[PDB]
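Consider the following structure, which contains bortezomib (bound form).
Just so it is clear: chains get the letters A, B, ... in the order the sequence lines come, proteins before strands, and each one is counted from 1. All ligand and atom numbering here is 1-based and tracks the order in the structure. The analysis underlying the following values was restricted to heavy atoms, covering all of them including side chains, and did not include hydrogens, waters or symmetry mates. Contacts are counted only within the shown part of the entry, which is not the complete deposit.
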Amino acid sequence: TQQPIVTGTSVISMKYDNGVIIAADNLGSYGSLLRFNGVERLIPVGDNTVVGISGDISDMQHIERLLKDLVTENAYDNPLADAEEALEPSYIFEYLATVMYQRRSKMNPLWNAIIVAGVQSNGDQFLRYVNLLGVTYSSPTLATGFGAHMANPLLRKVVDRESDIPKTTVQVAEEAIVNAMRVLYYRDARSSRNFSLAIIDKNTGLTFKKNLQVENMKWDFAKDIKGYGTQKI
Amino acid sequence: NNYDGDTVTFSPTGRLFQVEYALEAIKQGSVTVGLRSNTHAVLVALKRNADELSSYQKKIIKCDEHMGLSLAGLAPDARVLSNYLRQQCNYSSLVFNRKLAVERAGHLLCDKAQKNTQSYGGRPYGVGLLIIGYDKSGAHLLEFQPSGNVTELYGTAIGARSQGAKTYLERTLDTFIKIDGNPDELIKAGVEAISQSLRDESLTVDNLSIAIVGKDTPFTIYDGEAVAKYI
Amino acid sequence: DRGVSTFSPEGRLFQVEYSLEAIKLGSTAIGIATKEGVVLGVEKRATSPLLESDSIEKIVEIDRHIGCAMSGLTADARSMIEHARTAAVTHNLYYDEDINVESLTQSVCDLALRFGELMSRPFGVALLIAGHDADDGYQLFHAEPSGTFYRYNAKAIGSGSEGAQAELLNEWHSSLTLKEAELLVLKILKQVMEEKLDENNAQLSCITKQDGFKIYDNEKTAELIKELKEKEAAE
Amino acid sequence: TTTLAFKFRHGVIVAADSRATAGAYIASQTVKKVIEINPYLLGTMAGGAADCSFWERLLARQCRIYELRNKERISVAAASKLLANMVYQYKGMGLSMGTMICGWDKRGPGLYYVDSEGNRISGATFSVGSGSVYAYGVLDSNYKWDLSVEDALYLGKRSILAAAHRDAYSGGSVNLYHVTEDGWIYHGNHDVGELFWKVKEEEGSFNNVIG
Amino acid sequence: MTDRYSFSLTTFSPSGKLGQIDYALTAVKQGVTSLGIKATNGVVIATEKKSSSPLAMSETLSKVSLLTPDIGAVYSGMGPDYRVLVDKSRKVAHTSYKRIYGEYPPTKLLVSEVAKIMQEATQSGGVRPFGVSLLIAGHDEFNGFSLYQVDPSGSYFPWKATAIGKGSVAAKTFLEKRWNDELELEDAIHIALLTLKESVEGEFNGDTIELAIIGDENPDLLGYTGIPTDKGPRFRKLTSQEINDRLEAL
Amino acid sequence: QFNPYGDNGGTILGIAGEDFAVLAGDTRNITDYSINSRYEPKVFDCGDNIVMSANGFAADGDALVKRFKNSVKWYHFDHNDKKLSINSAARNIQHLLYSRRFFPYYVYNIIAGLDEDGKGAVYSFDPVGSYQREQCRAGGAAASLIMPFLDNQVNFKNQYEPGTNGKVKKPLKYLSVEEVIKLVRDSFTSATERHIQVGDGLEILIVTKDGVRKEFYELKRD
Amino acid sequence: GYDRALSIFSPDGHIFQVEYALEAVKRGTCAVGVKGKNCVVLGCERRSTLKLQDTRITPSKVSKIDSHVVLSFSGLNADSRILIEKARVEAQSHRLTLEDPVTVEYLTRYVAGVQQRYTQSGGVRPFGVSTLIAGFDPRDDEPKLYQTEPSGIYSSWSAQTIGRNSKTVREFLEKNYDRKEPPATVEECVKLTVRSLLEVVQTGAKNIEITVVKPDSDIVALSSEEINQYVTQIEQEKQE
Amino acid sequence: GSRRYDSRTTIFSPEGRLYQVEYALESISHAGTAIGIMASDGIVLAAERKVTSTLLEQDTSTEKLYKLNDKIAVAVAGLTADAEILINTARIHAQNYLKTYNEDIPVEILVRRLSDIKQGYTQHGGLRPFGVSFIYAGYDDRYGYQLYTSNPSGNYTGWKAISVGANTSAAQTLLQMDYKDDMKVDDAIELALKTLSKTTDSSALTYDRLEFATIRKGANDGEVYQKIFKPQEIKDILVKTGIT
Ligand SMILES: *[B]([O])([O])[C]([C][C]([C])[C])[N]C(=O)[C]([C]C1=[C][C]=[C][C]=[C]1)[N]C(=O)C1=[C]N=[C][C]=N1
Ligand SMILES: [Mg+2]
């Protein structure tokens, strides 16, 4: 049993017709202090998987090392390591899910919420969640922390059920994710303007975008707001 | 001679006699054949009886839905090694949601057998195994020796009089490899291969044991009247 | 000296082969499987007339549906029986059912090769495990110290085994009744035994689906011996 | 829960209700709280269903290997003692069991009370569970050694009914057993709803209730 | 790996002999001569510093060792075995006595502990006996001055005077003629030097001889003042110069 | 302080027929007042004509099912591909549950299939292994909403025959699979109305001698 | 730990260490057991090579395992103490867990199991001891007499002897003991036990020990004079 | 591996003897003779030190006679180092018993415990046995004065008079001749010294070659006193009995 110290906030994601999108801001908070501004919380595994992590950053860095070691170990005595016997999103997820549940069962958890996004060998989209309790679930849209409360409602307006996935393009899906990140910057007190975004497509592969910023923000209406009720000046 | 008392002792010519004696137990064992195409992989085994009142000792063991083996030598040692394979196949599924690659299954058996050849007190395994399976890179056939040596092959045979079946497969190499999408013809080639190792006795209904795995075929064993079709 | 788990140049474990020689010195035990049941019979072989023969326990219950006869160093069989009984009852605990005869035999045979430098040597006793289950019906198994087990229609182990097995070769057929099997075991036991066969120096038992495993009374066996004598004198 | 058992001239009667509760919610009304250890041995369940079920089924397996080893049926005293020693290892760990071990052995009919606290008591009459307090009134007032099997079966049935009526956590149905030297005999499942009205009419009892 | 020698390497032969102990005693016989003499007001222990090479600094190799402030030791036989026994002897004096009773052990009980360690090497699995005989001189309040010999078997005997190693038979005869119960410490040192000269071939001086005494308390060697009851160690190693001074009056 | 347990909501329902059995459960997964998934399967085909659902804490439910599927696999290996009967599976599951008596699987488990006589069978489990065979059983969040309805409409409780006035009960006539599925759908539709953790979808697994069949029905998404 | 396999098979199928343990039993002093109609008598030889012995304190040959069961032996004396201690511990453990004293058959089965365990365990040698275990089961009047040996086999006997010259006394018992009519009284049973030892013992003075066990935990050891009266009567009848 | 070098200390010979026990007894037969004699009013322990030297410090020396507690003492024959291991274990056992039951340990119970330890080294562990034979002299309120012996086999027996070590055959014959049941301590003292004087391999029996001890109720009223004799006291008793 511990408490989280340096933390990362929401990770958000969704499926679209040819793949998946995932995003997360670049902040490492220390309670109410916005301490570390250059923290990458999306970690690619090969060219077909991206693991997005929220929660304790020290435990994130530990998981990041486990994944790096997993790739090394998979290549051992494996001539098809870059082909048929490469790591799949489903393999990577089940491994983490196994680790998370085992750690909670020893009353010493990895204080994280994780979303594994990727595309399988057969072109199928993979998107599944796991957390410190070992709880797992899958949905067309997935989000952690505040994203669950604010992002999911917006992303579910695009993909409300399974049948909406083929009807959703990459441009529409990215637009929805970027909008959600803006909303989280308006409303989450432990968020940052700077974020990373990753697209895993079955045709165009893995596209990893860094140093993105929330833009097209609405603040001008603030000038007209005066006092808390009766004040006019 | 003076260097065969235990597994921990090299001979003056660099030989390990206890391992060689374990290898001898395989040659005493009943014949078993393995062969594959690009779509399927087949095991054929000649079972042995104690007498006319006795049953015919089982030769083939299932390890997973996509993998299994045939044995020749000490049957209990095959039970130990197959139990290990069952666990490893199972660890791969539970932890990684991943079917164990046949090549990696061979590497694990090699390493398990090796530990018994370098340490004092223990003994080498006294059995040879032919592992077949269908994984993400297609059909596979492996040969396991208790020295630790594992080899991927198109076809092979181990046990008594296995040289006859091995020569046949070496001639038929170009033919049986092309038998794709036809399980019965691939088994026929295996039954014809094991027939080259027979003397005096012939293939009867409770004598023959066949197993197959493939693209849309789980590892299944055929015994009794199920193999009368191929006699 | 030399390792306990050492292979011979022929590819056999010395200790396993030597334990098989000890089993050849043991008293005779015979098993016959039929569609009406499996019969088990043993030679008691008391070393002295003062020895109370009814205390000689070479036929043993493992469960209601599984029996067991032994031959060789019979003291070694006690821990095997104990394991078998535990395995049978434990499976009933975990699965609310009777355990398959083959599965029980496999569990006993797993102990066999657990020796090295675990126990210090192989078992010096062979077992005839007879029983019934719903899947494979009436069954008879021969469990060796090699860890190998063969199923048999009929089998003899002990000192008069090869002579008895040849006799079982000719006499057994798939339509044998239980009564015919009882007399057949008595006949072959009488043939290979040193002393004259009676109810006190030989013991019968059977396993049926209805009544389960039963060791025969000396009064019941005595009648089967008298029935045997008369039918041999009939021609 | 209401369970009872008592020794008498012609063996031992064993009776129990069938209600399982989860707070105020009635989870089940078809619970077998009498356990068949062996054809000459019974065990009752009260408190933790999981605990009582597991340890008494593990007992039955202990009692069975005893029979194979010793060519003899285990005594009620020895069986009760194995259970008591088993649960004593986990004392303070949170086990919740209130059981009776009922049977007939060489010493005649036998009845032992065993719980997770560590008590193991031999007695002619027991009742355990939340509704035991109601059952004891009917038992103590009508219990004799010279009881017929018919009257004894009714007494155990009537005693459960008394508790099922008053105790909110007891009810559903009554399971009856009679243990003889030739083994236990099951005497059926009796719905309390139907049984209550029947007893009310035939006996005249429960006048305060309208029917 | 694992130490798989869990069986005894020293066993009884048909004649009743414990071979390895006898062979250890043979190794002691080959060793350089060392001796001990007990006086009325002290004890002396002495040996030859057999230098393996003239380039070797023999001062760095100490054959005579302090075990406690009032107990010293010398040996004959295998040097490395002696060195580890001294390490263990120093430690056991603390762990099995000083940390319990708050004072240093009496000579006989420290000897008893060393003896035990040597006996165990004679019976325990996968070890050979120690190839040394020890001479342990010491003083304690209630037993006074004492001198003990300890053999590879673990057996120990108290001596008025004795010798072990190369020329022990001749040296013990020499000591029998010279020893009496009225000897002062200086007389014992003189006899020790006379006895030791007979077994030495080459150079015989303070640089080739190692000699120490158990005698009066040395407050100058204590290292601190302020506690009346602490009066300093009775063990003292004689210097090269101090030995040479007594070789002129020899 | 770290709490190793959670509540993922969900509700399940098992009904045993004369020669069939159904195991139904909603597809909604939740934490607190949030929805995790509108379609997260909760009832599984475990092999040997046995279906299973472990409702409550999803992580413990997934582990138990995973372990039972594993137990079935090894039962085939160890006992010559013998079919695991429903009564044998039930007893095995108790021992899986009680192996964690002092750190329980926080789930309410139900399995369904056919007994060895071919009749429909449902077994119900508490978190620590107490089990029993039942004809009708709901488990999980809205269990208390559904069970009283099933007592009335499956076992005809408190129902008597008109004209007799409480003297003669309504006879226990058997139900068909089509009649049972109607009761299942009405149970979940009613539970959806009054329980916030119930909704989104309903997946039913029907077991017969022919095998395991599935049926899916939408539920309200509010 | 010392794991060496000392008890192993030889080419002819013999475990020599177990067979050499029987030779230690052959060297041991003679012990005899005879069961009558309502009693069991245990006779034991005392070798008269050892005089100046204190017979008060010297370990007696017959040991009580419980109030109703006794154990005598032949072979290594030190080994027998280990089996007796284990048997005594088990006897109390049985009373403690099952609330009944051990049956004679159960106690024998335990001791025999211990002996067997030492024939296939690493780092240990077999017990050089054979035992005679006698007594009466709780609430039973049927006499019980069992024998064990180093290999671990055990069996029930109407009458039996073990130790040195046991071949001779067994010969005597086989012709003198009638199964249809066993020693009806204590006198007849003791007399037959003393007679059997007189075939081997030498002098009938302090060389013969006798212990009578009767039902319901009635165990007593005869004195020198009481035994000497049997020795006197036997030889006076023999002079004819 | 290591098997090659294992002597196998715990095995039977074809004749059913324990090799190492027999060879340990052979060792003990060369050790100095120790004698124990039990009288009605006490026990005597006498023992011969092995070929001593004039330069041996006798008054502070102890190789034969050891104190286990206030009521029990032992005479040693064999390897002294091996004996001290066992002696310390026996001292601890006596104190354990006293702590547990608040009563002094009965003699036989202490003897059985030590003998069981010796037995263990002959049956398991693969180690050589202790090359030691003890004579136990002790008193308790159950059996009174008691003499026991134990040897490397772990077998123990009770005695009126007994010898261990060298020349036991000769010594036992002499004791068997002159011993009587109504004997007293002063007479037993004389018998012990006379027996040693005749069986000794030395030219003459002197004070410096002996260890001597008595256990007497010759303590003021109902209690027992152990007397380990000093060199001068052994010299006086040698003159008194008329040996020197
Ligand atoms: B009885 O009331 O003791 C009863 C006996 C049990 C064997 C079914 N116990 C319960 O009903 C308990 C709760 C309880 C109520 C009153 C006293 C003590 C305990 N409930 C359960 O065991 C249970 C099991 N599974 C589901 C729900 N409840
Ligand atoms: Mg709803």
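- Within this structure, bortezomib (bound form) can be identified as ligand 1.
- Going by UniProt, the chain with the most contacts to bortezomib (bound form) here is Proteasome subunit beta type-5.
- Other chains within a heavy-atom distance below 4.0 Å of bortezomib (bound form) are, by letter, D, F.
- Of the residues that UniProt lists as binding bortezomib in chain D, those with a heavy atom under 4.0 Å from bortezomib (bound form) are the following: D/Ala49.
- Using UniProt active-site annotations for chain D, the residue nearest to bortezomib (bound form) and its heavy-atom distance (rounded to 1 Å) are D/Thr1, 1 Å.
- Note: bortezomib (bound form), covalent bond at D/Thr1 OG1.
- Within 4.0 Å of bortezomib (bound form) on heavy-atom distance sit the residues D/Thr1, D/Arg19, D/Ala20, D/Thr21, D/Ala22, D/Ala27, D/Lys33, D/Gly47, D/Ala49, D/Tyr169, F/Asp126.
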